[PDB]
Structures are given as C-alpha cells and as structure tokens.
Participant: 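Structure: Carbonic anhydrase 2 in complex with (R)-rosiglitazone.
Numbers in chain A come straight from the PDB entry, and the residues shown are 3-125, 127-261, in order. Each ligand, and each atom within it, is numbered from 1 in the order the structure gives. As a basis for the values below, the full set of heavy atoms in this structure was taken, side chains included, without hydrogen atoms, waters or symmetry mates.
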Amino acid sequence: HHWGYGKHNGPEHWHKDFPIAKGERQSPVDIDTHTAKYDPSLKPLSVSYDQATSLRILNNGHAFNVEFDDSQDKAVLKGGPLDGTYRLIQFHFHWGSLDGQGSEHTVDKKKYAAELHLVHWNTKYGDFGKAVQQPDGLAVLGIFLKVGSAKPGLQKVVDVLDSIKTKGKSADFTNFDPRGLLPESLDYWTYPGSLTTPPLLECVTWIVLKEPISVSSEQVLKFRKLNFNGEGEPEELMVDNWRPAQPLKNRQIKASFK
Ligand SMILES: CN(CCOc1ccc(C[C@H]2SC(=O)NC2=O)cc1)c1ccccn1
Ligand SMILES: [Zn+2]
C-alpha cells in the first residue's frame, strides 16, 4: 500500500507516511497574482541549456522523467532569486484526465492542463541526494501548459511515450534540447517550497514562469495513454498525477515583473 494519486493512496493520505506533508513550506501553492509582490531586486533568470546532454526517459509509475547527464556543469540555472549554480538533472510533467485540470501550481485558482518541472540541484552540495537535505538544495523551474497550438519541441517526447507505457520501462533519449520547451518570456514568480511528491522535502526554491507554453490536444492525449501500473498488471491510466495547492502559511510569493 504505497503512495500514489488514487482515492486510497493519494495526496490526502501522504501525511501518514510523510508527516512533513503538513509542514510550513509545502508545494504546490495557488499564486494570487494581485498579492504577489514585484521585487525589483530580483535578477533575470539565466537558463544555460546549450550544452544539455539528455540520456534516457523513464516511466517511474508516477510520471515520466527525461534524465540528463549532471556529472558536469552542462545545463545550468542561475540568477533570478538563486545564489550560485544549479545543474539540470531531469524534467517531467504533471497532467490531468481533462484539459481543465493537471497543473500543481494554480494562478488565481486557475488550473492549467499540465505543468512541466525542470529539476535542478545546487552544485555546492555535490550530489542530488545531499542537495534535497538542504533548504536551498533544489531549484525547480515550473512552466504551465495550455491546450491550443502544438509545441514543436515537445513532439520528440510525445513520440517515445509508446515505448515506456508502463512503470519501470525506460528508453534511450539522447540529443533532446530542452530549450524547445521554454516560452518566449522568462518573467517569473518565486517562493520557497517543497518537493510535490513524497518525500515532500522542504528543499526547493520554486521559479514559476508567467507565460504558459501551448501544446496541442493530441500531444496531451498521448500523455494520458501512459500507465501507472507495470506490464501485465490491470491498466490504470497515468492521469491526475498532480498534488493540489497547499496552504501558503508564512510565505510571500515574489514577482520578477510588474
Ligand atoms: C533523493 N531521494 C529520491 C527522491 O527525491 C525526489 C526528488 C524529486 C522528485 C520529483 C518531485 S519534486 C517536483 O517538483 N515534482 C515531483 O514530482 C521526487 C523525489 C530521496 C531522498 C530522501 C528520501 C527519499 N528519497
Ligand atoms: Zn513535478
């Protein structure tokens, strides 16, 4: 009886195994656009993905992860609210059963169809496992997806999903350029939070882009054909793999833009 997104093991149950689920800096949150404060001291975000080396795509039973070589400073996030250098380790998405839900963060209570998370770790902690034990260990760049025109740069991801349908399947996934998943603007909101799955560690500086990317209905329909289950188990469609908004508590969301 392990955690997941069902009636019996979903977010409302996670606190039993992971009491930090009720902590002081949990994610995601609703972004109240009128109460976020413009912070003119926030720097532009530096996204340096020119040298990114993708390796593999994995269905881990909760999402699919596109994994990168993080053994050198090749794909790094710097600037914005961050001190020092954060290495890209993986990206994944959260999405819904319906276009009207799927994002983890919300904007004035609006749910997007999906949310992309580019996960980066602070190089001053040496490895990802050490970084998650630190309050400034990770930087996650969150990007909303809305359904409209196709995202050309997403299609290579969409087309490999047939090969990783079930939990524990992986495939080669080299030479994927994550710059093709970014919107035009790097305007962002930022706040201190957590991993949005168990172990729910309070180690993340969240950077959520204001501008969504557009993906087509066909692209997100292919996400929804993935399975939570392993091969030869009853089919459970991988849909609604999002944690809902958590209490903001004693936090301020800052805007990089007026
Ligand atoms: C290091 N580790 C393994 C898991 O740590 C995680 C890091 C990120 C994620 C993905 C989350 S965070 C986000 O933005 N969206 C997600 O889905 C999940 C687990 C540990 C460390 C201690 C105990 C157990 N495992
Ligand atoms: Zn995530």
Participant: Could you point out every ligand or chain corresponding to (R)-rosiglitazone?
Facilitator: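 It sits at ligand 1.
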Participant: What residues end up in the site of (R)-rosiglitazone at 4.0 Å, going by heavy-atom distances?
Facilitator: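 With non-hydrogen atoms counted, the site is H94, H96, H119, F131, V135, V143, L198, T199, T200, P202, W209.
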Participant: Using 4.0 Å as the heavy-atom cut-off, which UniProt substrate-binding residues of chain A are near (R)-rosiglitazone?
Facilitator: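 The overlap, by heavy atom and UniProt annotation, is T199, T200.
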Participant: In the deposited model, where does any covalent bond from (R)-rosiglitazone land (residue and atom)?
Facilitator: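 No covalent bond is modeled.
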Participant: What is the closest protein heavy atom to atom 24 (C) of (R)-rosiglitazone, and at what distance does it sit?
Facilitator: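 The closest one turns out to be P202 CG, 3.6 Å.
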Participant: Considering only protein heavy atoms, which is closest to atom 11 (C) of (R)-rosiglitazone, and at what distance to one decimal place?
Facilitator: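 Protein heavy atom with the smallest distance to atom 11 (C) of (R)-rosiglitazone: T200 OG1, 3.6 Å.
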Participant: Do protein heavy atoms approach atom 13 (C) of (R)-rosiglitazone to less than 4.0 Å?
Facilitator: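 Protein heavy atom within 4.0 Å of atom 13 (C) of (R)-rosiglitazone: present.
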Participant: What residue, among UniProt active-site positions in chain A, has the smallest non-hydrogen distance to (R)-rosiglitazone, and what is that distance rounded to 1 Å?
Facilitator: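 Rounded to 1 Å on heavy atoms, the nearest UniProt active-site residue is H64, 7 Å.
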Participant: For atom 3 (C) of (R)-rosiglitazone, what's the nearest protein heavy atom and its distance?
Facilitator: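 Looking only at protein heavy atoms, the one closest to atom 3 (C) of (R)-rosiglitazone is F131 CE2, 4.8 Å.
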Participant: What protein heavy atom lies closest to atom 21 (C) of (R)-rosiglitazone? Include the residue and the distance to one decimal.
Facilitator: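 Going by distance alone, atom 21 (C) of (R)-rosiglitazone is nearest to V135 CG2, 4.0 Å.
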Participant: Among protein heavy atoms, which lies nearest atom 6 (C) of (R)-rosiglitazone, and at what distance?
Facilitator: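 Going atom by atom, the protein heavy atom closest to atom 6 (C) of (R)-rosiglitazone ends up being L198 CD1, 3.8 Å.
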Participant: State the other ligands and ions under 4.0 Å from (R)-rosiglitazone; answer none if there are none.
Facilitator: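 Looking at distances below 4.0 Å, I see ligand 2 (zinc ion).
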Participant: Does the N or O separation between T199 and (R)-rosiglitazone drop below 3.5 Å for any pair?
Facilitator: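 Yes, there is a polar N/O contact under 3.5 Å.
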Participant: Any idea what organism chain A is from, going by the entry?
Facilitator: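 Per the PDB, the source organism is Homo sapiens.
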Participant: I'd like to check which (R)-rosiglitazone atoms, numbered from 1 as shown, lie under 4.0 Å from a non-hydrogen atom of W209.
Facilitator: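 Counting from 1, the qualifying ligand atoms are 14 (O).
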Participant: Polar contacts were defined as any N/O atom of the residue lying under 3.5 Å from an N/O atom of the ligand; does this apply to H94 and (R)-rosiglitazone?
Facilitator: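 Yes.
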Participant: Which UniProt-listed Zn(2+) binders in chain A sit within 4.0 Å of (R)-rosiglitazone (heavy-atom distance)?
Facilitator: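 Counting heavy atoms against the UniProt list, it comes to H94, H96, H119.
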Participant: Please name the UniProt domain of chain A carrying most of the interface with (R)-rosiglitazone.
Facilitator: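 UniProt calls that domain Alpha-carbonic anhydrase.
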